[PDB]
Structures are given as structure tokens and as C-alpha cells.
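Lab note: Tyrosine-protein kinase JAK1, CP-690,550 bound.
Heads up, chain A uses the PDB entry numbers, so what you see runs 865-912, 918-946, 950-1154. FYI, side chains are in, hydrogens and waters are out, and symmetry mates aren't considered; it's all heavy atoms of this structure. Both counts, for ligands and for their atoms, begin at 1 and track the order of listing.
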Amino acid sequence: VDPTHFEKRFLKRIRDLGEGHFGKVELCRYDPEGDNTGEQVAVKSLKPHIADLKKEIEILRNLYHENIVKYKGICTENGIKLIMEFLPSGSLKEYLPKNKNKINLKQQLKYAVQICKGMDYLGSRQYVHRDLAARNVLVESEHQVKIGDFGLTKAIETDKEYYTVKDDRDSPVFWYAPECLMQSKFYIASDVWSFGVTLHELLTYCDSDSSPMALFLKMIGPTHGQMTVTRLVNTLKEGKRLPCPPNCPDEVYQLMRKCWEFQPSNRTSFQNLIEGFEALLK
Ligand SMILES: C[C@@H]1CCN(C(=O)CC#N)C[C@@H]1N(C)c1ncnc2[nH]ccc12
């Protein structure tokens, strides 16, 4: 009965879609007319951290892009739910293993371009994503993907180059650049690094045995507990990186390597990546 919001009683629950840090996402049909003509929507709620969800809502409200999941609205309870468009094929992490024979290198490069476009937009808006990994890239169809979660996303202040994180507890460390691990500083160039790791996942079709975590654990050892990040940083300082996936051509690997320069100022920009991938298409 605020017509500008979604009524909780009409978000007809269908099934779970996924879980993240603070939240879970569920598929609902929003059916206020009660005649089953309403649309299916994805609904993010706090897990069975209110301030955190509200910050994520403010970010997604402020984003509108072809390769960013579409904000639809809010449902208010105190509590709040974030309402988004539903993207039926789910994340790249679940979609790619099911579609190896359907998705070729050409299609993978088109996804790389779409990811880089959403990311260049995000950066232009002075946000750092902080969780760019295949599990957060949603597939609308065979031909299009969108960045689909913003739970760790932060604003960089005008004229500043990084955001300093005070709370690193949710951090995907095997997707993180050295400055994020060593100083909790997050630059747009730190999201470039994460994108290189995401690209690696995309090229290995998100095989679990080739995941950045599984691969780095093999390099540094799996039982270091709280010394894990320390060993990761040591490895990176030594210049080691994830290898070229087999079936990844050298020209693509070179783009990936440009995301992995140790120093953030030495890394490629997302605009340069967009153009670099497009030169490999047709
Ligand atoms: C890949 C999407 C982003 C990460 N997901 C989370 O649940 C994060 C949390 N908490 C799953 C979600 N997912 C499977 C979706 N599946 C279908 N439509 C969706 N719209 C928005 C998300 C979404």
C-alpha cells in the first residue's frame, strides 16, 4: 500500500537461488493482482546485518547498466529486502560446467567484454566491487551476462585512489591483489586484478579443480591457517601467478597478465581490456 515498494505478502516464494555473506537470494513471483500474471523477481533478504543490506541497496539504486543486474525496488518490514530482476541461468559458476560444449572461446571473450563494460561503469561511478568472481556473474542468456551482487562494494571518495577497508572478514583473498592483502587498500586497479582471476575461471569453465583457491592452495600449501594470506603474498611477491589455461590462446593470456602486475599503477584499465578483447573478436 505504498505502491512504490514491493508488498511482502505478495512476494510469493518459489525456491532458493543462492547465498552470500549477509544475505540469501530467493525466487518469488510478485503477484499483487492474485491472478498469476505478476513477474518472477529475485529477492535478497538477511539470512535466517541490516545496515549492510541497506548500503547494498543504496549502491544498486545508483547503478543502471546493460551488464549490471537490474534494481527493481525494496520491500520494507526495520527489516528490508532488495528486489532485483531474475536471471534464470544463474551464475557463471553453475552455468559454465553445464555448457562446455555450448560455450566456445568466442562466446567467452564476449562475456569478458560485458564484464569489463559493467566494471568500467561501476568504476566511473566511484565504486570498488571487492568481490568480482564468477560466482557473482549472472547469466541472462547464452549471449549475455551481468554483474549480479554488490555486498562488499564500497565508494572511493572523490579525488582519492583507494578505499581503506576496516572489516576484511568476508574477503575472497584468492581473488585479491597484493595491496588488498598487504594493506587493506582497494583501488579500481584492485578490481582489475580480480577480473583477471575471473577471466581465468571463465576460461576453465569454472571447473572446481581449477578454481583460483584450489590452484593457489597447491602452490602455498593447504594447512597454514592464519598464515595462509602471508604465504599467498610471499608467492605473489616472487612473481608467481595462475598459469595459462590450456586452450587459452597466448593473446588472451597476455591480457590476463596485464591485470596481474604487482603494482596497481602498472595494471591495465577496464577500457583498455574492453578494446583488447574486441580486437580479438571478428
Ligand atoms: C548469481 C547471483 C549473485 C550471487 N547470489 C547470491 O545469492 C548472493 C547473496 N546473498 C546468487 C544470485 N543468483 C543465483 C541469482 N539468480 C537469478 N537471478 C538473480 N538475480 C539476482 C541474483 C540472482
Check your understanding: Quick one: does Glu957 get an N or O within less than 3.5 Å of an N or O on CP-690,550?
Key -> yes
Review point. At what distance is the nearest protein heavy atom to atom 10 (N) of CP-690,550, and which residue and atom is it?
Key: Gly884 N, 2.9 Å
Review point. Looking only at protein heavy atoms, which one is nearest to atom 8 (C) of CP-690,550, and how far off is it?
Key: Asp1021 OD1, 3.3 Å
Check your understanding: Counting from 1, what CP-690,550 atoms have a heavy atom of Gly1020 closer than 4.0 Å?
Key -> 3 (C), 22 (C)
Practice item. Please could you name the atoms of CP-690,550 that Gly882 approaches to less than 4.0 Å, counting only its heavy atoms? Key: 7 (O)
Check your understanding: For CP-690,550, which atoms, with element, lie under 4.0 Å from some heavy atom of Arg1007?
Key -> 1 (C), 4 (C)
Practice item. May I ask you to list the atoms of CP-690,550 that are less than 4.0 angstrom from any heavy atom of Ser963? Key: 1 (C)
Check your understanding: Looking at atom 18 (N) of CP-690,550, what's its closest protein heavy atom, distance included?
Key -> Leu959 N, 2.9 Å
Check your understanding: Which residue and non-hydrogen atom of the protein lie closest to atom 5 (N) of CP-690,550, and at what distance in Å?
Key -> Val889 CG2, 4.4 Å
Check your understanding: Source organism for chain A, as stated in the entry?
Key -> Homo sapiens
Review point. Nearest protein heavy atom to atom 23 (C) of CP-690,550: under 4.0 Å?
Key: yes
Check your understanding: For CP-690,550, which atoms, with element, lie under 4.0 Å from some heavy atom of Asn1008?
Key -> 4 (C)
Exercise for review: Return the UniProt domain name for the region of chain A with most contacts to CP-690,550.
Suggested key: Protein kinase 2
Check your understanding: Nearest protein heavy atom to atom 14 (C) of CP-690,550, by residue and atom, and its distance?
Key -> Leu881 O, 3.5 Å
Practice item. Compute the shortest N/O to N/O distance between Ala906 and CP-690,550 and return yes if it is under 3.5 Å, no if not. Key: no
**Study point:** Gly887 N/O to CP-690,550 N/O under 3.5 Å
**Key:** yes
Check your understanding: Taking non-hydrogen atoms only, is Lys908 closer than 4.0 angstrom to CP-690,550 via side chain, backbone, both or neither?
Key -> side chain
Exercise for review: Report the overlap between the UniProt ATP-binding residues of chain A and the residues with a heavy atom under 4.0 Å from CP-690,550.
Suggested key: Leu881, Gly882, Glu883, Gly884, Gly887, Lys888, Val889, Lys908
Check your understanding: Of the active-site residues annotated in UniProt for chain A, which is closest to CP-690,550, and what is the least heavy-atom distance, rounded to 1 Å?
Key -> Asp1003, 7 Å
Practice item. Check CP-690,550 against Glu883 and write out every atom of the ligand that is under 4.0 Å from a heavy-atom position of the residue. Key: 7 (O), 9 (C), 10 (N)
Point to revise | Option with minimal heavy-atom separation from atom 15 (C) of CP-690,550, where the choices are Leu1010, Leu964, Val938 | key: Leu1010
Point to revise | Ligand-residue contact atoms, CP-690,550 with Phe958, heavy atoms, under 4.0 Å | key: 17 (C), 18 (N)
Check your understanding: Which residues from the surrounding chains have any heavy atom less than 4.0 Å away from CP-690,550?
Key -> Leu881, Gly882, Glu883, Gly884, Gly887, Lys888, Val889, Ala906, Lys908, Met956, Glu957, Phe958, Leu959, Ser963, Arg1007, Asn1008, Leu1010, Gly1020, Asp1021
